[PDB]
Amino acid sequence: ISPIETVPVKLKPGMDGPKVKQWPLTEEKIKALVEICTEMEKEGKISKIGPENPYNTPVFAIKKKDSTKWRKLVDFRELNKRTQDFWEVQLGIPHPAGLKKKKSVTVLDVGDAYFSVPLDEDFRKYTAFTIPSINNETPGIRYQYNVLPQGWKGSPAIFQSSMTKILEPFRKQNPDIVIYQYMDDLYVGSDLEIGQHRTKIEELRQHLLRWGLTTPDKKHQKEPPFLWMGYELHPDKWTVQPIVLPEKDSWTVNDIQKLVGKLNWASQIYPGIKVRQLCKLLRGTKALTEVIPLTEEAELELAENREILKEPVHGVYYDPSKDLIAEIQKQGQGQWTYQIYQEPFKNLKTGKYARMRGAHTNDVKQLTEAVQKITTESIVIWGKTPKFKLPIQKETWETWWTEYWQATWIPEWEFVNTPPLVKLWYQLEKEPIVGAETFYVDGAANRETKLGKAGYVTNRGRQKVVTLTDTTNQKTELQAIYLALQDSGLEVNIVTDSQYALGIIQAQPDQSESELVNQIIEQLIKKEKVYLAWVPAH
Amino acid sequence: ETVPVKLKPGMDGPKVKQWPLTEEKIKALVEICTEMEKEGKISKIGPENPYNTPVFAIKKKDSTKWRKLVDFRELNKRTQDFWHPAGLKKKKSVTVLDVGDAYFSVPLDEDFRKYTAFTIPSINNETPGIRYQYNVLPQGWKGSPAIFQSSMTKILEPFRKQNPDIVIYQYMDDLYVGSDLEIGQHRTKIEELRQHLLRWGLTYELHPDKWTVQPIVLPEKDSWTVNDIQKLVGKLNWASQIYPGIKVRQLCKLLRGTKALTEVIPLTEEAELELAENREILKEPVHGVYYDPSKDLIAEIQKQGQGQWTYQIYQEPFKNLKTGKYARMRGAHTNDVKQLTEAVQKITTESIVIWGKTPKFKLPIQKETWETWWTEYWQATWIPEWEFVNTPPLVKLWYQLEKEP
Ligand SMILES: CC(C)Nc1cccnc1N1CCN(C(=O)c2cc3cc(NS(C)(=O)=O)ccc3[nH]2)CC1
C-alpha cells in the first residue's frame, strides 16, 4: 500500500454494488486462493470481512503459461458496469517521430503499482468477493480490496493520477529530465551524461519508494532497444521490427485477410507494398475456414512483399531547432504518399492515405484533404504544422481554390516537381464559345419502368435519341450530355436542365462514384473547350 | 454567498474532447492557468471528474498577451435558464468592450464547479493533460453575466444617468456602447466609461445606422444573347421563391428554338415590360418578414470567390431578415478560413447588435478544415453554433446579383 490521498469514487446514477454469486470451485483451487488471500491480507492489499456486506464479485483460479502455480482473478465485469465514468486515459500513445533524442534513456517498471495505490475507503465495500468452501456448505472466506483492484474500471486512471502527483515535485526540481507514464512503466530520459543520469534515476526510484511504489529487480528489467509496439528505439534512430509473412502452402480466408491486414499496415512504412491480387482471392468466399488457392499473380506479389519487408527502414527523432518538412506524392488516383522529415532522407515518419472512393471529387480537393490530415497529425505529434512540398503548381492551386464554392486552404507550402503532378484535368469555359456547336440536351426516363430516352438537337441540325432500358432519369440526363460530348467537335456549348449537372459546373469533378459521370469526365478532358449552361427545366 | 446553479432537468455535464493545440498555444495556456491557479480561480482536478470542455488560446486586437478562451457552448446549452434595446441598432457608432474580467470576483457554486472541467493537452501525448475546474464565474459561460447582473447594473447606472443618450447592452462577456456623438466625442465618452469600469476590476467601433438593406440589380444590355437571357431566366425563376410576382414567361418565349448561345435576340415589348415589372418587385424587400424571438436565427454564407462572400440571416426559408456581402480584409489574401472566420464574427456581431443573440451558421467549409484552423483567427469572446453545408449553385448566383455602390 502507500501514503497517498485516495480518489473519491462513486457508483453510477442510482445503481448499487454488484451482487453476483460465487462460482463453485474445487478444494484445489480453493486451497490455492486461500493462501494467496492470506498473503495479500497481510500485504494490506485486502481485508477479511463478513455479513455486513451484501455485495460480491466472483473470484476465479487459473495457473500461468506452460507452467504451474495457482494465481487468482476477480471478475469485476459487473462492478465495472456500475462504477462511475472517469477521465479518459491517454488512448493516443506518442509516436517516435515526435520523441526528442535523449542522450540517456531508462524505463522503470511499476507493475505492482495497481495494488500500491489505496482504494477509496468508502467504495471498498463494493469490491467484496468470496473464497468458496468445499462444495456449497460451510461459509467461505470473505474479503474486500483496500487498493486499486486489477481489472477494475477506475484503476488505470487513478493510478495515472497518483503517479502524476508523486512525479510533480521531482519534475519541477529538475526540468531537464523527461518522464513518460505508460501502463506500469515510466520512461525517463534526459540529456545528462550516463553517470548523472543514473544518479537522478536512483533519486527518482528512492522517491517513489518513499511513496510506496517499488521498482524492478535485476531480472525484471528492460534493457536493449525499447520494443515499443512495432518499433525498436535506438539512440541514433528507431527501426521497424520484423513483420513476418508466414510460409504456408495452404491459405484460408482468415489467413488471407489477416495477411492483407499486416500488408496494409506495412504500406505506411515500406514503399511498394501491394495487396491487389491478395484481396482478389476474397471474392465470393463462403467461410473463414475456406482454403483459397493462390493464383500465380498472388504468389508473385506475396514474393515481392516478402522482399520489400526485408529492407532496413529506419526513422529519426525530433529536433526542435530544425524545420518540419512534409512532401506528398500522388500514388495513383485517390492515393497519396507522404514523409515528414527535417534533414533530407532522414524521415521522422512516413505514411499513405488510402483513397476515399468518393461520390464526386477532384485531385486538388483530395490533395487538400491529405494536407489537412497531415497537419492535424503534425499538430498532435510536434505541436507544429510542417512546410509542405506539393507536386502541384502554385498556378494550378490559385486557379482552382480562388474559384471553388467551398472554403479550402493549404498552409505554407512550396512546389516540388516530382511527377506525376496533380492538375486540373479540364476547365469549363467562362462564357459561351462563339462558333462552336450548341447542343440542347435532354434525357427523360420513367422511374418505375426504368425505360427512357437520351438525346439532343443542335443549332446545326444534328440530332439523335437513344432508347435506354433499366435506366433512371439522372442517368438519361447525364447520358444526354455524354452523347452531346461524344458527337461534338473540340469546342462545344451544351445546355441542360439537369441541375444535377449544375453541380458539375460548380465543382468540376475529375472522379466520381458512377461510371457514367466518369465517361463524361473522360470526354470533357478530351475537348479543347466546353461550355456547360443550365436552364430551368420544363 | 454562492448562488446554487444547476443543470437543466435530465442533462449531464459536458464531455467535449479537447482538440489538439499548437506548442505556442499550450505554453500560453499553462502560464495563464498556473497564474489563475495561484490566484485561486481554478484548481487541479482528479480522474473522478469525467467532464470536459474545449479550451484554446486566442489573441485579439493589440497584443502578444495570449488570451485564454474556453468553448462553453455545450455547458451553456445544459445550464438552467434564469427567467433588448431597440435603439442600439439606430446608433451612429457602437463600441464593444470585454467585461469578462469581472467574473473572477464572484465565486461559483461549489456543486457546479465539476462541470467547468477543462484540459490543457500535451504534445505527442508525452504528458497527461493538465486538468482544472473553475472556482469562480467562468468567462464565456452564460451563467456568469446572469449571476453578475445585480452587480453589473449597479456599476453601470452612474454612467447611464450621466449619459442616458447612450445605450449600453450586455451579451456574454461583451458590452456594446452606442451613442450618436461624433467619433471623437463618442470615443472620449467611451474611455470615460472604461476609466469608470477600471476602478473596480476590468479592462475600434461599429456603425449600425450604415447597414443598408441592399436590393438585387438585374443586368441591362444593349444586346441580349440566348445565353444571357437563359442565365437571367434561371436566376429570375429561382427568385420566384421569394417574390412570387416575378415572371419569366415572355422571356422564355424568346428562348424557343435550338439557336446558338452566342446569337443575339431582340427583346419583344412584352418581354421588356416583364423585365421592367420584375425590377420593380426586386426594388424592395419581401413583405411580411418579422423576427420571432421564439425562433432560432439562421445565417447562411456562400463563397462568391475573389475574396467576396454573401450571407443571409433568416428564420424561415426565403423570408430574409437581413442579407449582406463581405469582402476580405487586407492581409487575408490567400486564406479562405481567415476570411470566413472574420465573416462569422462580423455577421454574429450584427446579429447581437440587432436581435441580441447569435445566429446558427451554415458554413460552406469542410468540418475538418474549419475545426483545424478557425481558432487561429478567432477574436471574439463568444462562439456561435455552426453546421457545415453544400452551397447550392443558384442561391450563390442570385445573391451575387446584389446591388453595390
Ligand atoms: C517510450 C517512448 C515514448 N520513448 C521515450 C519516452 C520518454 C522519454 N524518451 C523517450 N525516448 C526518446 C527517444 N529515444 C532516444 O533518444 C534513445 C534511445 C536510446 C537507446 C540507447 N541504448 S539501447 C537501450 O541499448 O538501445 C541509448 C540511448 C538512447 N536514446 C528513445 C527514448
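Numbered from 1 within each chain, the chains take letters A, B, ... in sequence-line order. Recorded method for this deposit: X-ray crystallography, 2.7 Å. Order of listing sets the numbers, starting from 1, for every ligand and every atom in it.
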>> I'm curious which macromolecule has the most heavy-atom contacts with ligand 1 - what does the PDB entry call it?
In response: HIV-1 reverse transcriptase
> Which named drug shows up at ligand 1?
Replying inline: delavirdine
> Heavy-atom contacts under 4.0 Å: which other chains make them with delavirdine?
Replying inline: A
> Where on the polymer does the covalent link from delavirdine land: which residue and which atom?
Replying inline: none
> Taking heavy atoms and a cut-off of 4.0 Å, what residues surround delavirdine?
Replying inline: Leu99(A), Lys100(A), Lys101(A), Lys102(A), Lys103(A), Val105(A), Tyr180(A), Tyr187(A), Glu223(A), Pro224(A), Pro225(A), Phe226(A), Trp228(A), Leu233(A), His234(A), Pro235(A), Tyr317(A)
